[PDB]
Chemist: 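Here we have a deposited structure with vorinostat present.
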Amino acid sequence: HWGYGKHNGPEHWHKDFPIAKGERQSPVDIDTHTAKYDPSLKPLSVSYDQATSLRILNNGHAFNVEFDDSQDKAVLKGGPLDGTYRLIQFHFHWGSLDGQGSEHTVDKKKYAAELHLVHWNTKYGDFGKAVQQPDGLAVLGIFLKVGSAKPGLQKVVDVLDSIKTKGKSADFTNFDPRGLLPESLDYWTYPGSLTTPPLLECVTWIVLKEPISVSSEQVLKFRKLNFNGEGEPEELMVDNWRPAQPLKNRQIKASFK
Ligand SMILES: O=C(CCCCCCC(=O)Nc1ccccc1)NO
Ligand SMILES: [Zn+2]
């Protein structure tokens, strides 16, 4: 099955998922001098005050924090989006070393990790229908750099010991995702895809310009998770990122000059 190893990693995915070589694949390098400022872009509207987190899960390739998406509790609107997108889950991609781990890059610079807040367009009724549509998902991407600790991340860090191996889950209620946001909501946006199989081309990407800082100790704890299930040989969950893909016939737009 697919993964991030030498024998099943990103360079092999096209054999099972031919869309890997498609026209709107993610992630991409953001060339800041080629991005086009678009004055028609609206500020993002992030309404997370009523978010209800439920559970944290190690799915074998990352850990997901899942939210109740049965009502318009935590929504994303505005920016390049039409309509209302509900938050369903967030997860991270990270590296084995501080100088790699993000999926998107900025002028070829890699960050230590990248946070993806995943939202789906409510006009399609459920997440499984949304992923079949070119405007089905909106993913907020936030870069992590190593520096000062992020207090709002510590509750996530402290539960990771309980979900070390694939398939483990733990109750994770009352987590407020507003503690993961940077001060500024300036962003780049482009049409893209999921960065894991099935690589569907259903994502409006919104990548925030301002990184958040996390401490070395916080990211070190991400690197203690395991790709494997319990009782299987230990494989550390590191470098679960896909490299940048060709931009092809797409323009990256910026909300700021
Ligand atoms: O791809 C991304 C960003 C969006 C991830 C969305 C959640 C992953 C997911 O649910 N994938 C999936 C979709 C349809 C069918 C099977 C898996 N990051 O890796
Ligand atoms: Zn992701």
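Nothing fancy with the numbering, it's 1 onward along the sequence. Just so you know, ligand 1 is whichever comes first in the structure, and atom 1 is the first atom listed for that ligand. Method on record in the header is X-ray crystallography, 1.4 Å.
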Chemist: For vorinostat, what are all the matching ligand numbers or chain letters?
Modeler: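 It sits at ligand 1.
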Chemist: Which chain forms the largest contact interface with vorinostat (ligand 1) when counted as heavy-atom pairs under 4.5 Å, and how does UniProt name it?
Modeler: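 Chief contact partner: Carbonic anhydrase 2.
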Chemist: Write out the residue and atom name of the closest protein heavy atom to atom 6 (C) of vorinostat (ligand 1), then the distance separating them to 0.1 Å.
Modeler: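 Going atom by atom, the protein heavy atom closest to atom 6 (C) of vorinostat (ligand 1) ends up being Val118 CG1, 3.9 Å.
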Chemist: Which bit of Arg242 is near vorinostat (ligand 1), meaning a heavy atom under 4.0 Å away: side chain, backbone, both or neither?
Modeler: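 It is neither; nothing of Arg242 touches vorinostat (ligand 1).
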Chemist: Write down the UniProt domain of chain A that holds most residues touching vorinostat (ligand 1).
Modeler: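 That would be the UniProt domain Alpha-carbonic anhydrase.
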Chemist: What residue and heavy atom of the protein are closest to atom 1 (O) of vorinostat (ligand 1), and at what distance?
Modeler: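 Closest protein heavy atom to atom 1 (O) of vorinostat (ligand 1): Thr195 N, 2.6 Å.
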Chemist: Give the contacting part of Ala62 toward vorinostat (ligand 1): side chain, backbone, both or neither, where contact means a heavy-atom distance below 4.0 Å.
Modeler: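 None of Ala62 does.
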Chemist: Of the protein's non-hydrogen atoms, which lies at the shortest distance from atom 12 (C) of vorinostat (ligand 1), and what is that distance?
Modeler: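 Scanning the protein heavy atoms, the shortest distance from atom 12 (C) of vorinostat (ligand 1) goes to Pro198 CD, 3.8 Å.
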Chemist: Between the candidates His119, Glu114, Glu103, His91, which shows the shortest non-hydrogen contact distance to atom 5 (C) of vorinostat (ligand 1)?
Modeler: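 Result: the heavy atom closest to atom 5 (C) of vorinostat (ligand 1) is in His91.
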Chemist: Taking distance alone, with no angle check, do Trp205 and vorinostat (ligand 1) share an N/O pair under 3.5 Å?
Modeler: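 Among all N and O atoms of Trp205, none is under 3.5 Å from an N or O of vorinostat (ligand 1).
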Chemist: Going by distance only, is there an N or O of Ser193 that falls short of 3.5 Å from an N or O of vorinostat (ligand 1)?
Modeler: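 No; every N/O pair is 3.5 Å or more apart.
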